[PDB]
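The structure to be discussed contains cocaine.
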Amino acid sequence: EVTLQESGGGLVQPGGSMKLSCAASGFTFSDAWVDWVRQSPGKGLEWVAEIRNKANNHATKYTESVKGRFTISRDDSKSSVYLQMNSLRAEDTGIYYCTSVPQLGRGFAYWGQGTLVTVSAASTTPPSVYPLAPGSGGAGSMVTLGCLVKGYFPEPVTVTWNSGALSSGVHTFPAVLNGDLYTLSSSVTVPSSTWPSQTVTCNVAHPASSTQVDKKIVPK
Amino acid sequence: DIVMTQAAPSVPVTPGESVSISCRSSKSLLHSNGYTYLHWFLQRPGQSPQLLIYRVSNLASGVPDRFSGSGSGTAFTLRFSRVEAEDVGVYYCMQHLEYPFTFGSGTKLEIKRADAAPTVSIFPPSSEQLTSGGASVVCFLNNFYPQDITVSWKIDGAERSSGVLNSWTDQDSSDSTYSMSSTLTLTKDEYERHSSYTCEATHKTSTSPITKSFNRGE
Ligand SMILES: COC(=O)[C@H]1[C@@H](OC(=O)c2ccccc2)C[C@@H]2CC[C@H]1N2C
């Protein structure tokens, strides 16, 4: 199975430095040309840089806005490609993806899952997790519960319900930035025969602050 | 740089029917070697882009037979023989001829379906948040269609516009509906200056707004 996995992303100080890594597996990395493509609103997908294979002299090409600041490199012995970013600016914020053009071409055939880079001087802050329970008795009906994840930075946060057992009727909404902090909500809808008889918990994780919170939704 | 243009920001389609998306380049994408370096990508909500078609009409591995591509020089077309609800996402064309490689702005495929009234649920501040001096009132407006909805907050009858945080999900890949979250962010002190909190939703599925509320003094 072909795989590309980015790492090294996260919050970075304006003017600071950050090195992104991408480990490849499942295909002949040494024969492929490797690229970094980023994504940001009001720009969509934007090509960033590329490094060719050994046969093509490991030549590097960079988009105008990052030339002189970014350096792409590769370590074929580790099937990895890197992106050293310097003098980071607000404009550099976004999701960075590793993608390769394998030996037989086919454009950008394989893509990684992406790593979010946030260029900001704001500090890392853990979220507060609050249970959202109905204000009245239900009903044979469907009941909607929720989780409010507020006051954290930077993105992302991961929210699951019952450790992943409940996913079908879940809606986790995009986070909203308020006063330098994000607030996000997630709802889950289950049969009135499921809750409150069975335990329904919201599991929130904020990698940046290593926060993990389990909040049980209890009737009010 | 070569400019890739995708005129349509979105395109509505009903499951089962065929549809096509266009892309145009500012320069011919025909290389000296005879190949045309234009590719199509799909980006589903919350996922990374994925190759659909390379060099105008070659389907990538695992791409459904319903996809096909055509074009030449500066005009290209992505086509669906039978669209499925799961096809929701943004479709991009990209030129792989010259540096910098450039992408089109993308065309979001929107699935048309039957009208669906939203399921509206309002939630008073949690006891935990209150002890922390905060008071957020949350309203979920779930699984509705069409995508546009209006939400108004009323405190003791009077409307409140500030301190309202809204978020919307991308179209659901299974039922083709939309959902929304609206949060009225108040301080505990403010929250205690009134009693009636209402989430009023106006959607095309009803002349009268769907009203959900509760009283703090209860
Ligand atoms: C196969 O892809 C290509 O032909 C690309 C490129 O070649 C590769 O990306 C490549 C990848 C693996 C092996 C050999 C060449 C050369 C130029 C610049 C972009 C494009 N081509 C027009």
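So you know, we letter chains A, B, ... as the sequences are listed, proteins then strands, and number each from 1. Note that ligands are numbered from 1 as they come in the structure, with each ligand's atoms numbered from 1 the same way.
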- Message: Just wondering - which macromolecule does cocaine (ligand 1) hug the most here, in the naming of the PDB entry?
- Response: Fab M82G2, Heavy chain
- Query: Counting only non-hydrogen atoms strictly under 4.0 Å, which other chains reach cocaine (ligand 1)?
  - Reply: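 Chains with a heavy atom that close: A, B.
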- Query: Which residues does the binding site of cocaine (ligand 1) contain at 4.0 Å, with heavy atoms considered?
  - Reply: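 Sure - by heavy atoms, that gives A:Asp31, A:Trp33, A:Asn53, A:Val101, A:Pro102, A:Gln103, A:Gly105, B:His31, B:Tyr37, B:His96, B:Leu97, B:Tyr99, B:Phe101.
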- Message: Looking only at protein heavy atoms, which one is nearest to atom 3 (C) of cocaine (ligand 1), and what is the separation?
- Response: B:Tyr37 CE2, 3.8 Å
- Item | atom 1 (C) of cocaine (ligand 1): the protein heavy-atom neighbour that sits closest, reported with distance to 0.1 Å | A:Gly105 CA, 3.5 Å
- For atom 19 (C) of cocaine (ligand 1), find the nearest protein heavy atom and state the residue, atom name and distance (0.1 Å precision).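 I find the closest protein heavy atom is B:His96 O, 3.4 Å.
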- Message: Within cocaine (ligand 1), which atoms have a heavy atom of A:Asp31 less than 4.0 Å away?
- Response: 12 (C), 13 (C)
- Item | Where cocaine (ligand 1) meets B:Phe101 - atom numbers and elements under 4.0 angstrom, heavy-atom basis | 19 (C)
- Message: I'd love to know what the PDB entry names chain B.
- Response: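 It appears in the entry as Fab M82G2, Light chain.
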- Item | Top protein contact for atom 17 (C) of cocaine (ligand 1), by heavy-atom distance | A:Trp33 CZ3, 4.7 Å
- Query: Tell me: protein heavy atom nearest atom 18 (C) of cocaine (ligand 1), and distance?
  - Reply: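 It is B:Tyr99 OH, 3.8 Å.
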